[PDB]
Each structure stands twice: as structure tokens, then as C-alpha cells.
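First comes the structure, then the notes that go with it.
All chain A residue numbers match the PDB entry; in order, they span 6-320. Both backbone and side-chain heavy atoms feed into the values below; hydrogens, waters and symmetry mates do not. All ligand and atom numbering here is 1-based and tracks the order in the structure.
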Amino acid sequence: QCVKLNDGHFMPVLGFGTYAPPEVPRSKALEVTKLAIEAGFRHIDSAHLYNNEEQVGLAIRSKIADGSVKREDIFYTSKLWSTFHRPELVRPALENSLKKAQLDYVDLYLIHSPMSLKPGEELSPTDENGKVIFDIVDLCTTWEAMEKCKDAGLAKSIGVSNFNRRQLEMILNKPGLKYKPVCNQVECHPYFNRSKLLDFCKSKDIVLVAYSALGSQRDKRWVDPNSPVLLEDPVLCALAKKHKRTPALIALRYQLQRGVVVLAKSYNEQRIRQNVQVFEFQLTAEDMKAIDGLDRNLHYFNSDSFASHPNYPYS
Ligand SMILES: NC(=O)c1ccc[n+]([C@@H]2O[C@H](COP(=O)([O-])OP(=O)(O)OC[C@H]3O[C@@H](n4cnc5c(N)ncnc54)[C@H](OP(=O)(O)O)[C@@H]3O)[C@@H](O)[C@H]2O)c1
Ligand SMILES: COc1ccc2c(c1)c(CC(=O)O)c(C)n2C(=O)c1ccc(Cl)cc1
């Protein structure tokens, strides 16, 4: 149920997604993270952006305090937001995340996105046209600051998120590189299966971690409502009926069988418990081929607000 990372640490292959939109009360993250741990999730995925680290941290601490788990059993991820790419801002951002969560270390700290944004108070500083205001930061310098965070023990492991192959290559080719990224957390599901990126990551012993593996929460800010709904896909439905599982379970199992670590967000008690059933069945080669056939280059995150950023990872 774990994969060995390229720095010798271990990552559970199923992770719990903690993002919920602002309209969902902050207190819910506390409740559902406890439910996730109770159901068997041990990998928990958060970020500064999600405005939930206090609640997620409290959930972890509560399950440690009542004896359900030990800290060493939990794999907790947070992420560096894009207004903190300048190297001097990296360690303070991580220290803030640790203070929020009331943890001594994170298991994993990621650069959330390659798209650097103007430093300041706003999460999303935008111009009068609605395009976020970019910053030019050499991400190799950001990476050196992340490495210093690992050396200080603030993060057990470091990685990246939303990097394309070229962007990942730039880090890997850095002169004097101390630590490779352990992972690249990216949008990955049957409509956008990232086969070429997956092959590249495998070739470099970098784990691909899939987000929006169940087709995203379809947030109106970023996602076209016309886009096909992943879990309504007829092929996934047919496979669910064949196996007497659910389309969600088929989508998660697909990723595990490709060697991809998979996240799953649910704030519903029944679905949280359902999602751990991914370890209870297998897909055949013909099933996997059928799912591979769904690939359509559909990144659900698809907005003008970021598509004009100089470091936008999609072509
Ligand atoms: N690095 C990044 O840029 C980035 C970006 C996006 C997401 N993420 C991470 O990845 C996580 C997951 O991605 P996501 O939030 O886009 O959601 P997702 O995992 O694709 O979630 C899918 C949606 O599926 C529903 N669902 C979950 N299990 C289900 C099941 N068994 N049957 C039917 N529906 C089910 C959930 O609704 P209910 O809650 O109602 O169950 C949820 O809103 C996030 O929470 C976050 O931690 C990272
Ligand atoms: C399906 O594609 C995405 C990609 C990123 C997303 C989301 C959906 C949602 C909603 C959801 O998880 O579906 C949130 C909250 N995202 C972010 O955190 C995020 C991270 C980095 C940047 Cl630069 C911009 C946004």
C-alpha cells in the first residue's frame, strides 16, 4: 500500500483530497479528515491555498491523541503557494503551514504550480482583464530553497505539482542539484491520462500523483460546464457494472494499476468509506485498454485567467 520515494521515504498510494470550495464551512474539513483516517486513509493532501490547514492538522492531532494512529503512520502534504516562489519566502511559507497545522514537519512539501505570481497579500493578484499578474522567478532558485527546507527537517520530502516535462527537466538538470523532486502532482484521469509525462517520471524515479482523478469538483471559476462529466462516462459505467463496483472506484483503480499514486476528495461519509475499496479488486488488461481509450486531452482546469501565464504548463 506504499511506494518508495527516490529519497528513501515511503508514500501511501491512496491519498485523501481535502480541498472544498469556500461556500463549504471551514469546520467540515475537521470532520471529514477524521472520517478519512477512520476509513483507513493515511496520506492526507492539503495546501496553503485550501484555507483548511488548521482544521486538517487538528483532525490529525485528534486521531493521534486518542490513539487511532501515530504521527509516523500519517503522510501529510502541504504546498507552497505561487506568490511565495521567491526563495526568501519559501521557508517562512512552510513554517506558517506548520504553525497552522500544529505539526513539527510535513511529510511532503510541493511547489503548488510553476506559474509564479506577484508577491503580496492577495492569493490571486489579477490585472483589469482578469489574467493573474505573473512574476518572473527562476524556479531553480525556488527549488534550492525547498532543498534547504528538507535539510532543516521541516519537510521529510520535497516535490512539485503541475510541472510539465520541460519544467521538470529544468530542475533535474540544475547544476549542483541536491534532491530530485520525489513526485509531480498533476491533473490525471481517463480523459487526460498523462501517458507521456508518466513515462518520463518513471524514467527518472519520480512518482506521478493524480489529482482530479474523479473528474474534479467542476468549479465554475476554472471548469467549462460543457466538459463531459468523468463519472458519467459510459465506459466507466459499464466497467463498474461488470465488476459490481462504482465508476469512481474504476477511475481510482485505473491509476493504481499504472503505477500512479491517486488522490480522492470526498466530504461524504459513505463515499469516503467507499473509496478505500480500491484495494479490494482488480481491472483486467482489456479493462485498462478500454479506459486508455478515453484519453481526450481534457484538462478540466481551463481558464483565460491562467492560460496566458508565461509558465502555463499546457500547450
Ligand atoms: N496540485 C493541485 O494543483 C491540485 C489541484 C486540484 C486538486 N488537488 C488535490 O486533489 C484532491 C482531489 O481532487 P479534486 O478535489 O479535484 O476532486 P476529485 O478527487 O476529482 O473529486 C471528485 C468529486 O468526486 C466526488 N466523489 C468522491 N468519491 C466519489 C465516489 N466514490 N462516488 C461518486 N463521487 C465521488 C466528490 O464529491 P463528494 O465530496 O460530494 O463526495 C468530489 O467533489 C483535492 O481535494 C486536492 O487535495 C490538487
Ligand atoms: C481540475 O483542475 C483543477 C486544478 C487546480 C485546482 C482545481 C481544479 C480546484 C477545484 C478542484 O479541486 O476541483 C482547485 C482548488 N485547484 C487549485 O487548488 C489550484 C492550484 C494551483 C493553481 Cl495555480 C490554481 C488552482
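The compound at ligand 2 is the drug or drug candidate indometacin.
In this structure, the main binding partner of indometacin (ligand 2), as named in the PDB entry, is Aldo-keto reductase family 1 member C3. Annotation: atom 19 (C) of indometacin (ligand 2) to nearest protein heavy atom, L54 CD2, 3.7 Å. Taking the UniProt NADP(+)-binding residues of chain A and keeping those with a non-hydrogen atom under 4.0 Å from indometacin (ligand 2) leaves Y24, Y216, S217, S221, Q222. Not a single N or O atom of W227, backbone or side chain, sits closer than 3.5 Å to an N or O atom of indometacin (ligand 2).
Against a heavy-atom cut-off of under 4.0 Å, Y216 is close to the following atoms of indometacin (ligand 2): 2 (O), 3 (C), 4 (C).
When heavy-atom distances to indometacin (ligand 2) are checked against a 4.0 Å cut-off, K270 has no atom that comes that close, whether in backbone or side chain. Counting heavy atoms under 4.0 Å from indometacin (ligand 2), residue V228 does not touch it at all.
Contacts with indometacin (ligand 2) closer than 4.0 Å are made by heavy atoms of both the backbone and the side chain of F306. Every atom of indometacin (ligand 2) with a heavy atom of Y55 under 4.0 Å away is listed here by number and element: 18 (O). There are UniProt substrate-binding residues of chain A with a non-hydrogen atom under 4.0 Å from indometacin (ligand 2), namely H117.
Interface of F311 with indometacin (ligand 2), defined as ligand atoms under 4.0 Å from a residue heavy atom, comprises 23 (Cl). The PDB entry lists the organism for chain A as Homo sapiens.
Atoms of indometacin (ligand 2) found under 4.0 Å from any heavy atom of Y305 (numbered from 1 in listed order, with element): 1 (C). At least one heavy atom of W86 lies less than 4.0 angstrom from indometacin (ligand 2). The shortest contact between atom 13 (O) of indometacin (ligand 2) and any protein heavy atom is with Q222 N, 3.1 Å. The shortest contact between atom 8 (C) of indometacin (ligand 2) and any protein heavy atom is with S217 OG, 4.3 Å. The protein heavy atom nearest to atom 20 (C) of indometacin (ligand 2) is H117 NE2, 3.4 Å. Short contacts between indometacin (ligand 2) and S118, defined as distances under 4.0 Å to a heavy atom of the residue, involve ligand atoms 23 (Cl). Applying a heavy-atom cut-off of 4.0 Å to indometacin (ligand 2) picks out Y24, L54, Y55, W86, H117, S118, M120, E192, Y216, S217, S221, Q222, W227, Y305, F306, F311.
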